[PDB]
Protein chains: 2
Amino acid sequence: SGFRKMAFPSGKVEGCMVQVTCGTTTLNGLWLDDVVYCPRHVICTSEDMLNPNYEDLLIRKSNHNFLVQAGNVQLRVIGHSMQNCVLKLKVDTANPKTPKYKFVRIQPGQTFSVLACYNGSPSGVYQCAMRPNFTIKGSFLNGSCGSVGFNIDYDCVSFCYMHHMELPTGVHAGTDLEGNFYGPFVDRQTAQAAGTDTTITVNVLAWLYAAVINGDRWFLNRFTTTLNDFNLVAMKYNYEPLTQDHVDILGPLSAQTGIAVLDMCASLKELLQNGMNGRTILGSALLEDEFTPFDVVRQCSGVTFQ
Amino acid sequence: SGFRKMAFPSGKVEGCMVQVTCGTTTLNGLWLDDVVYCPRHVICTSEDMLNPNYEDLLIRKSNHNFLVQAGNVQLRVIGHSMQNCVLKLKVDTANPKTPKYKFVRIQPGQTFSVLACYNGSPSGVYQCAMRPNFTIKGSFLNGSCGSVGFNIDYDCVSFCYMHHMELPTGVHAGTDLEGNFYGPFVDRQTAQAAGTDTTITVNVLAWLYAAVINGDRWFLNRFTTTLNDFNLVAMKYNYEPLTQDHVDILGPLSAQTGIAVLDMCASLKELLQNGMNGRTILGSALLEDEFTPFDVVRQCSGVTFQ
Ligand SMILES: C[C@H]([C@@H](O)c1ccc(O)cc1)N1CCC(Cc2ccccc2)CC1
Ligand SMILES: C[C@H]([C@@H](O)c1ccc(O)cc1)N1CCC(Cc2ccccc2)CC1
């Protein structure tokens, strides 16, 4: 029936996006209940970003300096406070479109949808993963900050990312909704370089199962391997080490397809050592690593939401 | 700032999705104003699908046989009629969430977002193109039929696709919202094979411009070409022939980057003749053809919507 990189439907998050302007800076915020969440660097000028002292910059700001606009209607700020790298703007009206939601801090390897916004207005939606180096490979231009990453389970929106910074190398860094950066990144314009971008081995294996379920099977071979043996090969190619937990997580895909996890590892090994010789898998000429096992089961089984 | 395959935000379409059940068949419909649109094969059994006579099958159906459910609320069918391959179910309540919208029949090469649904509930969202052979490469399982494809311009939803059929080869066929199939496909379980899947040359060039704007430039060379010369090469590799209209459409990307369209064609030629030698472009090991020139400008410039 086919396999595609798909995002969660975005409507529940669309209804939470607002525009935050402090002085000459405009970016996005997230309106849940009577609180608007946005990056604290909204209070900075472009100059401030080299060496900002956020507590000091904050002292000069009052409730009325934060202009918050929900589509065409202005929201009244009745309180503000800084939590880590985010600002929480208390407004006098609960967002009537607040969905059921949680704040979750995800682990590397975990996937989520991003609703890219500009001036509190939604631009587009795409799927991302937290890379093992704690960056993400997004699509963000100036004014996109405060765009959020999320997952949905039936009717609950688990928000996991807010966008803050682009590194000189074109990749993206940001926070959870408590304002704590993923990785060692900070909201300052300095020399911060990303570490090694390793491949999320468990996600590649999940995606190979997805290929098999959809008819792409040329890469299945007559071999098997061990975790230890496979991991010697993974390390050489900058792949996350595979653990027994990962094997356990792939158990459902294993069961449905009748290909043992270690046999699929031997398929992956051979693809790493020999390449794809110009062939493709689910329409890709390289090995996709931004589907989780849970992603594969969900799109392959057709789970939906409130 | 990065470049990603992104769909339009899906909320406006989410609010139009309903479930249609006729007998033992459940699939999705689209509720706009006081009309629900759905595939006419909702009236078929699995057996009927080999050789259905839709007019005859329809005679046994009445308004009350169409069960239409909008989330948890039932809609009253007060009229029904068949238009080409779709059924229009007149209900007694206008959808309060009807967005501004149009019905457009797109051309091959044109891109759109699909909101995959199951039982009137949204599952996920992804970007697609009408292939030159009038198929699309989607992600659709049983019960997905009646899922729609759309574009948004600011506040207007232009619906262009409704999903009807999977061909034996794993690709997808469907109609415009007047119920007319794209291509020579029909809503009957028969031997219908897709034609040659040619690459959408104009979209590849657009995406190479996108790469250059984002820092990927290793494939720019010291050469140029002519339309005629380039097209000899395109034909050999099953690429759509490039026309002066295409060149004109790429004019804005040409202008912004200062790479002439024909110079970019010579880059493409070299990539076709020599391959990518294991390198990548915007994170792909093959040449993406499901971004339009207009797509590139939009994500690269940050256009948003009501
Ligand atoms: C593979 C999936 C899904 O259930 C699943 C995915 C991943 C898992 O880890 C577990 C389950 N099922 C869905 C039902 C399909 C029935 C079918 C057969 C032939 C033609 C048309 C339809 C057979 C495959
Ligand atoms: C390329 C895009 C966009 O406008 C566009 C895209 C495709 C077109 O066909 C036409 C225009 N612009 C956006 C503004 C950017 C300003 C900038 C420069 C340096 C650092 C940060 C920001 C420079 C590039």
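Letters A, B, ... mirror the listed sequences (proteins, then strands); counts begin at 1. Counting starts at 1 for both ligands and their atoms, following the listed order. Because only heavy atoms are used, hydrogens play no part in the values below, and waters and symmetry mates are left out as well, while side chains stay in.
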_Could you tell me the main partner of ligand 2 here, using whatever name UniProt has for it?_
3C-like proteinase nsp5
*asked:* Hey, what drug is sitting at ligand 2?
replied: ifenprodil
*List the other chains with a heavy atom under 4.0 Å from ifenprodil (ligand 2).*
B
*asked:* With heavy-atom distances below 4.0 Å as the criterion, list the atoms of ifenprodil (ligand 2) near B:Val297.
replied: 9 (O)
*Counting from 1, what ifenprodil (ligand 2) atoms have a heavy atom of B:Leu253 closer than 4.0 Å?*
9 (O)
*Quick one: look up the protein heavy atom nearest atom 22 (C) of ifenprodil (ligand 2) and list residue, atom name and how far away it is.*
A:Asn142 ND2, 4.3 Å
*Considering heavy atoms of the protein only, find what lies nearest to atom 2 (C) of ifenprodil (ligand 2) and give residue, atom and distance to 0.1 Å.*
B:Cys300 O, 3.5 Å
_For atom 12 (N) of ifenprodil (ligand 2), what's the nearest protein heavy-atom neighbour? Residue, atom name and distance, please._
B:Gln256 NE2, 4.0 Å
_Top UniProt domain of chain B touching ifenprodil (ligand 2)_ = Peptidase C30
*What does the deposited model list as the covalent connection for ifenprodil (ligand 2): residue and atom, or none?*
none
